[PDB]
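Drug present: WR-1065.
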Amino acid sequence: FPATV
Amino acid sequence: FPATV
Amino acid sequence: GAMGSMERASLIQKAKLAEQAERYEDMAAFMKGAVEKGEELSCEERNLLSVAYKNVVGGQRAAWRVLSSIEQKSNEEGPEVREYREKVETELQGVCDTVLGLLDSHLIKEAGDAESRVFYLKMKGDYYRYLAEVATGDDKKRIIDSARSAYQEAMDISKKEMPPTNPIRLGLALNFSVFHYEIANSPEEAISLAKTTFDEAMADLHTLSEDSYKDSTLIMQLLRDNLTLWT
Amino acid sequence: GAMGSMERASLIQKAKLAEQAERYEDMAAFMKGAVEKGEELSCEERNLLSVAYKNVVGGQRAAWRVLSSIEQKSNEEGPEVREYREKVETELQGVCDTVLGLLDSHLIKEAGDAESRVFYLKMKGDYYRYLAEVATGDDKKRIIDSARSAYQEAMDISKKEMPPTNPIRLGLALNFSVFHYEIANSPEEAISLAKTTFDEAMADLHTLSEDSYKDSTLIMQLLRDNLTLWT
Ligand SMILES: C=CC(C)(C)OC[C@H]1O[C@H](O[C@@H]2C3=C([C@H](C)COC(C)=O)C[C@H](O)[C@]3(C)/C=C3/[C@@H](COC)CC[C@H]3[C@@H](C)[C@H]2O)[C@H](O)[C@@H](OC(C)=O)[C@@H]1O
Ligand SMILES: C=CC(C)(C)OC[C@H]1O[C@H](O[C@@H]2C3=C([C@H](C)COC(C)=O)C[C@H](O)[C@]3(C)/C=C3/[C@@H](COC)CC[C@H]3[C@@H](C)[C@H]2O)[C@H](O)[C@@H](OC(C)=O)[C@@H]1O
Ligand SMILES: NCCCNCCS
Ligand SMILES: NCCCNCCS
């Protein structure tokens with residue numbers, strides 16, 4: 001999955 | 001800490 | 001409510017202890033109690049609220065993904081996997097509704113300064129995005145549009161009031177770019193947003209103090225990681 | 001009770017799904033529901049019960065250790081750290097009492113075969129040992145003796161009925177050795193037990209099938225790790 005913050 | 005299982 | 005009899009300072013102190021102990025459910029409950037005292041959160045307090053709920057919902061989303069994958073394999077060429085996936089899904093939805101309720105009852109209307117306003121609107125887009133990940137009914141389009149509208153309002157303010165290296169501005173762009181890619185089926189918009197955000201921040205790193213932007217440096221690496229994954 | 005309306009097979013199936021999803025609180029609740037159906041657990045089912053509670057109490061013990069350490073620094077040369085450490089401690093105690101209650105009401109009296117009997121008595125010693133780690137009152141000595149008596153009964157049976165390479169026999173020796181070292185202030189007994197256990201199992205590895213004892217191999221490495229830490 002792509003990274004989020 | 002020592003290992004336990 | 002549940003934390004009604006505890007002093008606000010004690011709830012904040014206990015939220016910090018729960019963070020050190022990795023007890024994110026307790027940390028979220030203490031921070032909800034603190035928000036419910038009715039005073040505006042400080043910058044450090046806003047971070048505690050966000051970390052606590054991001055960790056709680058993070059665990060539920062990881063579990064939902066595992067269950068959803070097992071369920072998808074069971075329907076290829078019993079009721080238990082579906083029942084358990086629905087249980088996890090309802091718990092996840094309950095946590096997102098709790099966060100969205102705190103944002104819309106306390107935090108958003110009182111936030112006047114750009115930094116807090118963008119922070120809470122980013123959270124609103126994040127929690128609507130988590131609800132969109134599990135939405136399967138006639139409500140999915142409205143949930144997705146609620147996430148988009150929150151992210152878009154936050155983007156409009158951050159571009160006007162914050163420098164391009166501000167970690168909240170960068171984090172919002174990182175997450176709105178992921179929303180475009182994963183939720184709105186707009187990979188070109190996701191890529192354009194991550195690229196412009198990274199490029200604009202790179203050109204502004206000349207104005208910053210050396211050890212003052214470790215968070216922005218980490219977010220810039222995450223934009224680059226996504227751009228590498230997508231291109 | 002809470003899981004009273006669900007079929008036993010469905011509870012076991014859901015316990016396995018919860019394990020894959022890393023939802024150990026759900027896994028423990030499903031396994032408690034399955035034990036409460038009144039049928040004896042199978043070997044695979046006993047492992048599910050043990051893993052679920054070991055992970056739940058593991059997290060609480062890690063948190064208690066962090067809080068206890070902060071509390072110790074605050075009393076060197078407010079009430080919040082103590083209050084929160086006591087909250088975590090009471091939750092941990094509640095989980096140990098739940099496991100001990102299941103062991104003493106269902107599982108131990110019905111276990112006739114050596115493998116299950118030693119498994120449940122090892123669990124009884126483990127959960128009394130976790131209660132001893134936080135015990136500070138006039139009850140501490142009795143709790144420690146309850147852990148010792150459970151481990152000792154399990155040791156007596158395992159030496160008579162199981163080969164020295166049996167993973168349950170090895171795991172019991174690993175944990176009873178840690179009890180001697182950390183709880184009973186008997187480092188010489190802890191070292192002697194780990195050394196004899198390791199040596200006896202090494203001499204019996206000649207009788208085993210190549211890929212059939214990965215668990216015993218892992219436990220033997222843990223005995224060696226403790227012996228290295230202590231000597
Ligand atoms: C519980 C909070 C603790 C652990 C005390 O702080 C978390 C972190 O809190 C701050 O960092 C924030 C922050 C994060 C940084 C990227 C962490 O940076 C490093 C270097 O670890 C991730 C966090 O989840 C947090 C609080 C959240 C956000 C996110 C919130 O959306 C609503 C938007 C971007 C980002 C902002 C607010 C960051 O500034 C600080 O700037 C960080 O310290 C440094 C040196 O960068 C600290 O690690
Ligand atoms: C949820 C359980 C799953 C993940 C399905 O199984 C856990 C594990 O279950 C079994 O292993 C047990 C077992 C463990 C093994 C040491 C794991 O081995 C490897 C190679 O990972 C640790 C577990 O906590 C468990 C179930 C517990 C005990 C412990 C219980 O005390 C009351 C005594 C020693 C040990 C015994 C029962 C082990 O046999 C199996 O032998 C393991 O498989 C292999 C190939 O060794 C499997 O990983
Ligand atoms: N370890 C203290 C982290 C402070 N983060 C900045 C709050 S705005
Ligand atoms: N992955 C299945 C694990 C089986 N372990 C042996 C049960 S006694």
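Per chain, numbering begins at 1; letters A, B, ... match sequence-line order. We count ligands from 1, going down the list as the structure has it; atoms in each ligand are counted the same way. Determined via X-ray crystallography, 1.5 Å. Side chains are part of it too, since the values below use all heavy atoms of this structure and drop only hydrogens, waters and symmetry mates.
- The location of WR-1065, copies and all, is ligands 3 and 4.
- Taking the chain with most contacts, the partner of WR-1065 (ligand 4) here is, per UniProt, 14-3-3 protein sigma.
- Other chains, heavy atom under 4.0 Å from WR-1065 (ligand 4): D.
- The binding site of WR-1065 (ligand 4) (heavy atoms under 4.0 Å) is made of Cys43(D), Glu44(D), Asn47(D).
- Interface atoms of WR-1065 (ligand 4) facing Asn47(D), defined by a heavy-atom separation under 4.0 Å, are 7 (C), 8 (S).
- Organism for chain D, as given in the entry: Homo sapiens.
- Under 4.0 Å from WR-1065 (ligand 4), there are other ligands or ions: ligand 2 (fusicoccin).
- Protein heavy atoms all stay at least 4.0 Å away from atom 1 (N) of WR-1065 (ligand 4).
- By the definition of a contact as any protein heavy atom under 4.0 Å away, atom 7 (C) of WR-1065 (ligand 4) is in contact.
- Of all atoms in WR-1065 (ligand 4), numbered sequentially from 1 with element shown, those under 4.0 Å from a heavy atom of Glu44(D) are 7 (C), 8 (S).
- Near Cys43(D), meaning under 4.0 Å from any of its heavy atoms, are these atoms of WR-1065 (ligand 4): 8 (S).
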